[PDB]
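Entry featuring abemaciclib.
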Amino acid sequence: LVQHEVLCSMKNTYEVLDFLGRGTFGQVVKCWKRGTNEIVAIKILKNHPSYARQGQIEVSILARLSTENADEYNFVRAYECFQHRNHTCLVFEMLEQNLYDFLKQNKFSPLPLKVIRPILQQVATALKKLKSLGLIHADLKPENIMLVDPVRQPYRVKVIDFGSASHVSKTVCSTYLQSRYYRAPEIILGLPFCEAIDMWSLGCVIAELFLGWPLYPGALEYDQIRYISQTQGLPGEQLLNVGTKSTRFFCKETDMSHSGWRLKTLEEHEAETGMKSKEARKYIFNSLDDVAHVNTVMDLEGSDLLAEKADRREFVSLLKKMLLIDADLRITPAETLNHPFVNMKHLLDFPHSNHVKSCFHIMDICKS
Ligand SMILES: CCN1CCN(Cc2ccc(Nc3ncc(F)c(-c4cc(F)c5nc(C)n(C(C)C)c5c4)n3)nc2)CC1
């Protein structure tokens, strides 16, 4: 389906104005709710039977989300639902700009920590509501986080993809289910995955926002887990033993000096798959603590700088806790909202610092 100007529904009717996206997910288009001054986004799903319950499940969760009022929990609001030419449509409120196109706007300049904080706090409260209902987003990525109104509401945001969401009843992963740069280790190796899958995605997102570039811009799933263990340490023996896909990226060295597992050398991969592995990280780290020493020229002197050095110490502290290789030990939405970095406890230790007075003024301004 596709058209340039026309549509209708049960109580409402919509005209299309411009295209907003088109791909495997279907087709999203921006429309005008005639009779009012609302512009809405409505997403059409393709009308093929093999994709039947893939659409039935997205509506089933959208309904379970309108009830329980996910709205005002920093989620996009789903207005109504209907059909048109046998296709199925979903009406959403219109948001302005997603974080990818926002980073691209500043030529991928790093965003300062003072701005990153309110965004995280909101995306955390949105995931917190998910866990309390038992849902997994599964596609949390920069493209799926948007500024309500980046000019009239400088920092409010909301989430906006559900084509990958599912209940926690699943305990098995058959194929890929995230955007690669943000796919959690559970998906890459093949283990029973939980809602932590998204908390990983949030790790690469806030990391991407601070560095200005993907933390792990792997070209293939191999490159991905290569960058990960190379930075954070090789995964744990118990994880790799029960992973289905772990034979594809790791080898079981039974050498005299073996803990049971070693990563496959590049040469072993290029000889196996035939694909030369190009380095893709704009940033290469030996440790995650190493992240605190990046983009270090600040134009701040005096107390302003010491506060910034303490803000970074607590940033890596949380990033490490969000990016635990293990799924269970990884920090949970409720616990991140309590971590000192979102809390800002460590900032109180700094009286009359004009950099700290401006950090608090960003959290308080988030409510308005
Ligand atoms: C070539 C660039 N052109 C011009 C720039 N433009 C950027 C852009 C993107 C989105 C919006 N507005 C908006 N508001 C509310 C919504 F709910 C969705 C929404 C809902 C869904 F279910 C989706 N499922 C998927 C896969 N998407 C993707 C489209 C993210 C969904 C999006 N989108 N405004 C501008 C892109 C096209």
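Here the PDB entry sets the residue numbers for chain A, with the shown residues being 184-551 in order. Numbering of ligands and ligand atoms starts at 1, following listing order. All values below were derived from every heavy atom in this structure, side-chain atoms included, with hydrogens, water molecules and symmetry-related copies excluded.
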Next item on the list: List all ligands or chains that belong to abemaciclib.
Entry: ligand 1
Note to self: I'd love to know the main binding partner of abemaciclib (ligand 1) in this entry - how is it named in the PDB entry?
What the structure shows: Homeodomain-interacting protein kinase 3
Check: Heavy atoms under 4.0 Å from abemaciclib (ligand 1): which residues of other chains qualify?
Finding: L203, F208, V211, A224, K226, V259, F275, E276, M277, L278, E279, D284, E326, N327, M329, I343, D344
Checklist line | Residues binding ATP per UniProt in chain A, non-hydrogen atom under 4.0 Å from abemaciclib (ligand 1) | finding: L203, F208, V211, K226
Note to self: Hey, quick one: what organism does the entry say chain A comes from?
What the structure shows: Homo sapiens
Notebook entry, point to check: What is the UniProt domain of chain A where most contacts with abemaciclib (ligand 1) occur?
Noted result: Protein kinase
Check: What are the identity and the minimum heavy-atom distance (to 1 Å) of the UniProt active-site residue of chain A closest to abemaciclib (ligand 1)?
Finding: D322, 6 Å
